[PDB]
Amino acid sequence: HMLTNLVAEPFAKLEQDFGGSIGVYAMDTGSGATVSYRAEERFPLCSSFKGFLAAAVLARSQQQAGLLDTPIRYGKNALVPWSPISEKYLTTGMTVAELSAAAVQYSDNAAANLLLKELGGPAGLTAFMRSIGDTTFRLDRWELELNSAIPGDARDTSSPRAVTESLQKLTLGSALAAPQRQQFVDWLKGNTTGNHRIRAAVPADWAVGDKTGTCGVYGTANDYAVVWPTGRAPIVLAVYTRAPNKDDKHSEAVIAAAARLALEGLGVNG
Ligand SMILES: *[B@@]1([O])O[C]([C]C([O])=O)[C][C][C]1[N]C(=O)[C]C1=[C][C]=[C]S1
């Protein structure tokens with residue numbers, strides 16, 4: 001309450017220029033100060049669910065020490081459009097860890113569906129999120145159906161706030177054991193798909209891990225990140241967008257701009 005939105009930022013103008021809705025939640029983990037705009041509205045997860053998927057796999061690996069190095073062979077029928085890594089290993093298979101890294105760092109769709117199967121499907125990932133205290137997250141469908149981003153549909157959505165809170169628990173808090181936590185962080189740090197989103201607002205000399213999503217319809221795209229500014233506590237943040245019309249375009253620039261406003265609202269010099 002008292003530390004939320006101490007400094008107002010022009011999010012409304014930004015989303016109006018975009019032609020849609022922007023949802024932002026950012027927390028300074030040192031002071032507890034927050035920036036919050038549409039933070040409790042639901043937005044489609046799109047590929048951003050794959051970060052939480054990889055965390056759920058790591059949590060399972062705490063009870064199954066051989067899980068991450070298990071080899072997984074798959075057929076051509078497992079390939080889904082946008083499977084840039086797993087298509088190169090169709091004839092060989094990949095380990096669970098490799099599928100997880102591919103899902104996080106390349107948004108690989110086939111990898112994500114294979115790992116969902118390992119966890120018992122969308123309800124199994126939802127159950128993992130409930131287990132860390134996230135009551136907002138829901139995954140309902142598989143790739144590619146979960147990308148429909150229909151206005152008003154709560155399937156396959158969360159809120160910026162719940163995403164940020166869960167990300168904090170998994171990357172900085174105690175939801176994962178220490179080895180698994182650092183592996184999750186390392187996967188996020190190695191992401192390749194986010195250079196034009198939150199990372200574009202973050203100085204190059206700060207560490208950052210992130211996970212993106214792009215539904216392909218309804219102007220719907222997103223990014224969440226942990227950011228380590230030097231000399232102060234980390235910042236966790238989530239930026240989600242959507243728009244009213246199916247043919248509306250997403251904007252990476254709008255995501256980067258919203259992330260800049262969030263950092264400015266927290267008084268984090270960048
Ligand atoms: B996912 O929602 O988003 C990925 C891109 C990202 O992480 O920002 C691509 C795979 C998933 N999306 C789709 O399959 C539909 C597409 C949208 C743009 C390229 S593919």
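Numbering starts at 1 and runs along the sequence shown. For ligands, and for the atoms within them, numbers begin at 1 and follow the listed sequence. Going by what the header records, the deposited coordinates were determined by X-ray crystallography, 1.0 Å. Just the heavy atoms: all of them, side chains too, but no hydrogens, waters or symmetry mates, feed the values below.
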Student: For ligand 1 in this structure, which bound macromolecule has the most atom pairs within 4.5 Å, going by UniProt?
Tutor: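 The largest contact partner is Carbapenem-hydrolyzing beta-lactamase KPC-2.
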Student: Write down the drug at ligand 1.
Tutor: vaborbactam (bound form)
Student: Please indicate whether any nitrogen or oxygen in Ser107 is less than 3.5 Å from any nitrogen or oxygen in vaborbactam (bound form, ligand 1).
Tutor: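 There is such a contact, yes.
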Student: Would you mind running through vaborbactam (bound form, ligand 1) and noting each atom that sits below 4.0 Å from a heavy atom of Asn147?
Tutor: 2 (O), 13 (C), 14 (O)
Student: Between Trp82 and vaborbactam (bound form, ligand 1), is there a nitrogen or oxygen pair with a distance under 3.5 Å?
Tutor: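 Such a contact does not occur with vaborbactam (bound form, ligand 1).
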Student: Using a 4.0 Å cutoff against the non-hydrogen atoms of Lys50, which atoms of vaborbactam (bound form, ligand 1) qualify?
Tutor: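 Those atoms are 1 (B), 10 (C), 11 (C).
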Student: Using UniProt active-site annotations for chain A, which residue is nearest to vaborbactam (bound form, ligand 1), and how far is it in heavy-atom terms, to 1 Å?
Tutor: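 Closest UniProt active-site residue, heavy-atom distance to 1 Å: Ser47, 1 Å.
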Student: Which residues of chain A does UniProt mark as beta-lactam-binding that also come under 4.0 Å from vaborbactam (bound form, ligand 1) by heavy-atom distance?
Tutor: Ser47, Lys50, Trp82, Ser107, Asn109, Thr212, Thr214
Student: Starting from atom 5 (C) of vaborbactam (bound form, ligand 1), what is the nearest protein heavy atom, named by residue and atom, and what distance separates them?
Tutor: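 It is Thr214 OG1, 3.8 Å.
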Student: Just to confirm my output: which protein heavy-atom neighbour is closest to atom 1 (B) of vaborbactam (bound form, ligand 1), and how far is it?
Tutor: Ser47 OG, 1.5 Å
Student: Hey, quick one: is there a covalent bond from vaborbactam (bound form, ligand 1) to anything in this entry, and if so which residue and atom?
Tutor: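 The entry shows a covalent bond to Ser47 OG.
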Student: So, regarding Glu143 and vaborbactam (bound form, ligand 1) (criterion: nitrogen or oxygen to nitrogen or oxygen, under 3.5 Å), is there a contact or not?
Tutor: no
Student: Which residues of other chains have a non-hydrogen atom closer than 4.0 Å to vaborbactam (bound form, ligand 1)?
Tutor: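 By heavy-atom distance, that gives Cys46, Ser47, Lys50, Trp82, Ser107, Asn109, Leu144, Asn147, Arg197, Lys211, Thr212, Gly213, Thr214, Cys215.
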Student: Does vaborbactam (bound form, ligand 1) have any N/O atom under 3.5 Å from a protein N/O, and what are those pairs and their distances?
Tutor:
{"residue": "vaborbactam (bound form, ligand 1)", "atom": "2 (O)", "partner": "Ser47", "partner atom": "N", "Å": "2.7"}
{"residue": "vaborbactam (bound form, ligand 1)", "atom": "2 (O)", "partner": "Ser47", "partner atom": "OG", "Å": "2.4"}
{"residue": "vaborbactam (bound form, ligand 1)", "atom": "2 (O)", "partner": "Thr214", "partner atom": "N", "Å": "3.3"}
{"residue": "vaborbactam (bound form, ligand 1)", "atom": "2 (O)", "partner": "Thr214", "partner atom": "O", "Å": "2.8"}
{"residue": "vaborbactam (bound form, ligand 1)", "atom": "3 (O)", "partner": "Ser47", "partner atom": "OG", "Å": "2.5"}
{"residue": "vaborbactam (bound form, ligand 1)", "atom": "3 (O)", "partner": "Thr214", "partner atom": "N", "Å": "3.1"}
{"residue": "vaborbactam (bound form, ligand 1)", "atom": "3 (O)", "partner": "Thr214", "partner atom": "O", "Å": "3.3"}
{"residue": "vaborbactam (bound form, ligand 1)", "atom": "7 (O)", "partner": "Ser107", "partner atom": "OG", "Å": "2.6"}
{"residue": "vaborbactam (bound form, ligand 1)", "atom": "7 (O)", "partner": "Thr212", "partner atom": "O", "Å": "3.3"}
{"residue": "vaborbactam (bound form, ligand 1)", "atom": "7 (O)", "partner": "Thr212", "partner atom": "OG1", "Å": "2.6"}
{"residue": "vaborbactam (bound form, ligand 1)", "atom": "8 (O)", "partner": "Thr212", "partner atom": "OG1", "Å": "3.1"}
{"residue": "vaborbactam (bound form, ligand 1)", "atom": "8 (O)", "partner": "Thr214", "partner atom": "N", "Å": "3.4"}
{"residue": "vaborbactam (bound form, ligand 1)", "atom": "8 (O)", "partner": "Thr214", "partner atom": "OG1", "Å": "2.7"}
{"residue": "vaborbactam (bound form, ligand 1)", "atom": "12 (N)", "partner": "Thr214", "partner atom": "O", "Å": "3.1"}
{"residue": "vaborbactam (bound form, ligand 1)", "atom": "14 (O)", "partner": "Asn109", "partner atom": "ND2", "Å": "3.1"}

